[PDB]
Enquirer: 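Have a look at the structure that comes next, please.
A, B, C, ... go to the sequence lines in the order they are written. Following the PDB entry, chain A residues are numbered 1-121, in order. Residue numbering for chain B follows the PDB entry, covering 1-121 in order. Going by the PDB entry, the residues shown for chain C are 1-121, listed in order. Numbers in chain D come straight from the PDB entry, and the residues shown are 1-121, in order. For ligands, and for the atoms within them, numbers begin at 1 and follow the listed sequence. Computation of the quantities below employed the complete heavy-atom set of this structure, encompassing side-chain atoms and omitting hydrogens, waters and symmetry-equivalent molecules.
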Number of protein chains: 4
Amino acid sequence: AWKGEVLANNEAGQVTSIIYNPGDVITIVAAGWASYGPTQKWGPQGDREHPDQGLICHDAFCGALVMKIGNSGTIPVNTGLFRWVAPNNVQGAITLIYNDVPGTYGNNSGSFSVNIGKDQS
Amino acid sequence: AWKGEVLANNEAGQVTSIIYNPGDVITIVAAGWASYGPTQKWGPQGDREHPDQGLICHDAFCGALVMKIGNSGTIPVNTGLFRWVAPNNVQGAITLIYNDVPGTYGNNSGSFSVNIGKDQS
Amino acid sequence: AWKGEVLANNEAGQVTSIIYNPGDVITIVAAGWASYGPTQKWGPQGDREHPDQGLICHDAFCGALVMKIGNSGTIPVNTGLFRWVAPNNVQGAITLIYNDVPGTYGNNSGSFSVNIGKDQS
Amino acid sequence: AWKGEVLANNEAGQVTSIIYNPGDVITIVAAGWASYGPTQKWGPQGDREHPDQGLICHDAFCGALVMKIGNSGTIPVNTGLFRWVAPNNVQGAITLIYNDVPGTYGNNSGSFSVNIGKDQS
Ligand SMILES: Cc1ccc(C(=O)c2cc(O)c(O)c([N+](=O)[O-])c2)cc1
Ligand SMILES: Cc1ccc(C(=O)c2cc(O)c(O)c([N+](=O)[O-])c2)cc1
Ligand SMILES: Cc1ccc(C(=O)c2cc(O)c(O)c([N+](=O)[O-])c2)cc1
Ligand SMILES: Cc1ccc(C(=O)c2cc(O)c(O)c([N+](=O)[O-])c2)cc1
Ligand SMILES: Cc1ccc(C(=O)c2cc(O)c(O)c([N+](=O)[O-])c2)cc1
Ligand SMILES: Cc1ccc(C(=O)c2cc(O)c(O)c([N+](=O)[O-])c2)cc1
Ligand SMILES: [Ca+2]
Ligand SMILES: [Ca+2]
Ligand SMILES: [Ca+2]
Ligand SMILES: [Ca+2]
C-alpha cells in the first residue's frame, strides 16, 4: 500500500507508488484539514459554499482531494473510495491533488494524510 | 462488507453487519454532509470550531463520525480507518454514531454514507 | 495468517492460531509429501487407490489433509481452499489433521507445510 | 479472479485472464488428478519418483503444475502459491502448463482445477 501527505500548496500534486492497472480494485482513505487561502480549514470534501472560479476538478468542491490516473482528467476522491474500479482505458500512476484554481496554490496551507491500497480481485 | 447510512439525528447509532473479532483488520470510508443543528453542514470530521459541551466522544469534533465496538467507549472514525486493528479485549458488533451532546439529536439533519470491510489478515 | 507443519504421525493434529468466525473467508494452501505407512509418499490429496474404511474423514482419501473448526466433524482440505466460507454452522480454532484410521498413526511419516490466511470480506 | 481447468494433454498450456503486473500479490490453489502416460494419476506436485530429464520445468516433478508469466521461463506452481510476489522481473498473462517432456503430451490424461486471485497489496 501507499501512505503519504498531499500538501494543499502542491499544484503539480503528489505522485504515489500506486500504478493502477486494468482490473485493479483500490481503496483510498483521506483525512486532515487544509485551506485554499482563507483563515479557516476544510476536510477532504472541501468548501461546499465556495464558488468554482476555474477549479482543476469541476466535480468536487474547492479544497477537495482529487486524483489523476496516468493521462486521465481529474477524478474526485474527497474522503476516499471503497473497492473502486476505474473506467475502460484509465491506467497508470495515481497522483493526488488539492482542488484549486491554477496559479492560486501559493496561499494554500495544510495537507491531507492519505492511504491507498489494492484490494483482492 | 457493510454499506449503509448513518443519520445525524439517530442518537442510538446505526448497527452494522460487522462483528469485530480478535485479529480482524478493518477499513472504513465515510462520506457526506450533516449538521448538529445549524444551517451549515460539515463532513465526517465535524466542526473543528464548535466547543465540546458534553459530546459522546471527547476525541472528535461535534458532528464527527464515531463508533462503538460491542461494550467499548466511543472511538473516533472521522473520514475512515485504513487497515485498523482494535485494542485487546475490544470485540463485537460495530455501531456507527454521529457525535453530539446526549438529548440534542432532535435538531440534527443529513447523514453519512459509510462502507466497512474486513481486510486480509 | 498462520504457517506451519502438520505431521502425518500426529493423531491429535496441529491446532493453529486461526479462529474461524461466522462470515470469515479463508484461503489454505498445503504442500509436501507424507505416508500412512507404505514406502511411497503422497501429496495432500492422499492416495486415490486406498479403500475408504475407518478413516477419520470419509469425504477424502487416506493420506489427505483434513481439518476441524472448533469441535466440528472433519472437513476435507486436500491441496487447499480458495476464498472459502463454511457452508455449515462451525466456529473456533482450525486444527489440521492427516487422514488415517484411528490407532494407525504410529507408522506414518512426512508432513505437509500449510499456509492459512483470512481473506477480505 | 480466474477459475478453470488445465488439461495434462495440452502442450501449449491454458492461458488465463490474469495479467501479472509488478507488485501484484497472487494466490493459486490447484487440485485434481492427471497422468503423463501411466495408468496411475498424480496430484499437482506430480511424481516425485520420475527422473528430471527433458521436462519443461527442471525445478518441479514430472506431472506437476507449472506456469509462465508473459514470455518467462517455467515457474513451479505445484499445489499453489500463497500470497506470492514474483522474485524475478516478470510481467504479463499467466499461462498454466502440465510439466512433461516436449512432444510427449499426447499420452497424457486428466486435468487440474485451478483458482487464481490477486490479493490485497
Ligand atoms: C475569477 C477569480 C477571482 C478571484 C480569484 C482568487 O483570488 C482566488 C484565489 C485563491 O487562492 C483561490 O484558492 C481561489 N479559489 O479557490 O477560487 C480564488 C480567482 C478567480
Ligand atoms: C451547555 C450547553 C449549552 C447549549 C447546548 C445546546 O443548545 C446544543 C444543542 C445542540 O443541538 C447541539 O448539537 C449542541 N452541541 O453540539 O454542543 C449544543 C448544549 C449544552
Ligand atoms: C506399511 C503399510 C501401512 C498401511 C497399509 C494399508 O493402508 C493397508 C494395509 C492392509 O493390510 C490392507 O489390507 C489394506 N487394504 O485393504 O487396503 C491397506 C499397508 C502397508
Ligand atoms: C482390516 C484393515 C484393513 C485396512 C486397514 C488400513 O487401512 C490401514 C491403514 C493404515 O494407515 C495403517 O497404518 C494400517 N496398518 O499398518 O495396519 C492399516 C486397517 C485394517
Ligand atoms: C505410458 C508411459 C508414459 C510415460 C512413461 C515414462 O515417463 C517413462 C518411460 C520410459 O521408457 C522411461 O525409460 C522412463 N524413465 O526412464 O524414467 C520413464 C512410462 C510409461
Ligand atoms: C529416453 C527417454 C526417457 C524418458 C522419457 C520420459 O520421461 C517420458 C515422458 C513422458 O511423458 C512420456 O509420455 C514418455 N513416453 O511415453 O515415451 C516418456 C522419454 C525418453
Ligand atoms: Ca488558493
Ligand atoms: Ca444537535
Ligand atoms: Ca498408518
Ligand atoms: Ca507423456
Enquirer: Can you identify which of anisindione, imiquimod, tolcapone is positioned at ligand 5?
Expert: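 It's tolcapone.
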Enquirer: Can you peek at the structure and tell me the main thing tolcapone (ligand 5) is bound to, named as in UniProt?
Expert: PA-I galactophilic lectin
Enquirer: Which chain letters belong to other chains having any non-hydrogen atom below 4.0 Å from tolcapone (ligand 5)?
Expert: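 The heavy-atom check gives D.
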Enquirer: Can you pull up the source organism of chain D from the entry for me?
Expert: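 Source per PDB: Pseudomonas aeruginosa.
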Enquirer: Could you help me out with the residues around tolcapone (ligand 5)? Anything with a heavy atom closer than 4.0 Å counts.
Expert: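 Using heavy atoms under 4.0 Å, it comprises D:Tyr36, D:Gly37, D:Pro38, D:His50, D:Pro51, D:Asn107.
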